[PDB]
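Consider the following structure, which contains rebastinib.
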Amino acid sequence: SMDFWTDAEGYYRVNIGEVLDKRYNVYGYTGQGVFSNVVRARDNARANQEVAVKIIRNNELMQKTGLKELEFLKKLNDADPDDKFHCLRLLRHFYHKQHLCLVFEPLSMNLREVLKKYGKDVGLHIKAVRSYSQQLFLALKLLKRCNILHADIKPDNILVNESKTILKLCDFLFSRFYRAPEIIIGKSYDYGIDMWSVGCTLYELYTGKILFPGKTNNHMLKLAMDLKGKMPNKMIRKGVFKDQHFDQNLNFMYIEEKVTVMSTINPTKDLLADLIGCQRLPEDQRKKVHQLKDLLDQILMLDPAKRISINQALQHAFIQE
Ligand SMILES: CNC(=O)c1cc(Oc2ccc(NC(=O)Nc3cc(C(C)(C)C)nn3-c3ccc4ncccc4c3)c(F)c2)ccn1
């Protein structure tokens, strides 16, 4: 998230049965987190309630990064005192053996794991996609209110409770698939990047498949333009990486090594067909799928200024009808 060898040293292995801050009885690992150990504990000081504790590495870079994370979470916590906007709740922090330790509400699994348990190319029920879409847009609403850009929304960064009724947005290879085109071309960017990533996620939640599985940044742009046609001229010109992907005449240079020069990219991606799949749907679910397709069309505009607003997303037929 962002405001709109000594870097890897100091890992701490917490033992099962260790008590932290004279209260957190560590009883299990989670596996989550990239650089820090995230453990499950019971809070002996608060009726043995379950928490997750992230133990950050003891080095300068990750200490400072930890403090920034703490600041972002406190800002969202204060902006949303009743927890209606679906961001992860930090409970408090402490220090242990020079490690900054962050204590969070416990959650069950991330949405990548939920998709895996649905099985290969299966996806969720459209009713769950509807509910999760609303919750995600509410998270977007809070982030924008707090002048925060996530910049890496994807199933791996969304956690759910045990019943899978509630999701919380959080932040910890796959990242390229969810990247907005303004980022790829190197244009100045805004809250629109997170709306884009939410669109990519929603498609994947329903189909079980990655929307834009591009091997490179060049391939990602081609796949986006296969949906929406060629990127606007004014957008191309403002990108600091435009020369990797477009020539002096703003023709797209499709790499496949061979370079195919394209003045036009005819839209060919059939989003509805891909959404429906081999399903024989009843008219009520079929209607909802059409509405999902329309929501995605409005999210996945190449120009971020022309994407659906957060409020228009919340009031879209997919959610409301
Ligand atoms: C059984 N239970 C479990 O398995 C289990 C595991 C579990 O693990 C964790 C999940 C998430 C986090 N952390 C975050 O999500 N941080 C965060 C949120 C945001 C948002 C809200 C702005 C998106 N930005 N940043 C965030 C992250 C890193 C940053 N770095 C620098 C600057 C700002 C930053 C902001 C964590 F530390 C541990 C939680 C609950 N249950």
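Throughout, chain A uses the PDB entry numbering, with the displayed residues spanning 655-658, 668-835, 850-933, 941-1005 in order. This deposition comes from X-ray crystallography, 2.0 Å. Basis for what follows: all heavy atoms, side chains included, without hydrogens, waters or symmetry-related copies. In each ligand, atom 1 is the first atom listed, and ligand 1 is the first ligand listed.
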| Bound partner of rebastinib (ligand 1), most contacts, as in UniProt | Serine/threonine-protein kinase PRP4 homolog
| query | What are the neighbouring residues of rebastinib (ligand 1) within 4.0 Å, counting only heavy atoms? | reply | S655, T693, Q695, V701, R703, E713, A715, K717, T728, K731, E732, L736, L739, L751, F767, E768, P769, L770, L806, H813, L822, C833, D834, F835
| query | Taking distance alone, with no angle check, do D834 and rebastinib (ligand 1) share an N/O pair under 3.5 Å? | reply | yes
| query | Under 3.5 Å between some N or O of rebastinib (ligand 1) and some N or O of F735? | reply | no
| message | Looking only at distances, can you tell me whether any N or O atom of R703, backbone or side chain, sits closer than 3.5 Å to an N or O atom of rebastinib (ligand 1)? | response | no
| request: Return the UniProt domain name for the region of chain A with most contacts to rebastinib (ligand 1). | output: Protein kinase
| request: Specify which UniProt ATP-site residues in chain A come within 4.0 Å of rebastinib (ligand 1), measured from their heavy atoms. | output: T693, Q695, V701, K717
| Does the deposited structure record a covalent bond between rebastinib (ligand 1) and a chain, and if so to which residue and atom? | none
| request: Kindly confirm or rule out an N or O of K717 lying under 3.5 angstrom from an N or O of rebastinib (ligand 1). | output: no
| field | Sub-4.0 Å atoms of rebastinib (ligand 1) with respect to non-hydrogen atoms of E768 | value | 40 (C), 41 (N)
| Would you say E732 and rebastinib (ligand 1) have an N/O pair spaced under 3.5 Å apart? | yes
| query | Relative to rebastinib (ligand 1), which UniProt active-site residue of chain A is closest, and what is the heavy-atom distance rounded to 1 Å? | reply | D815, 8 Å
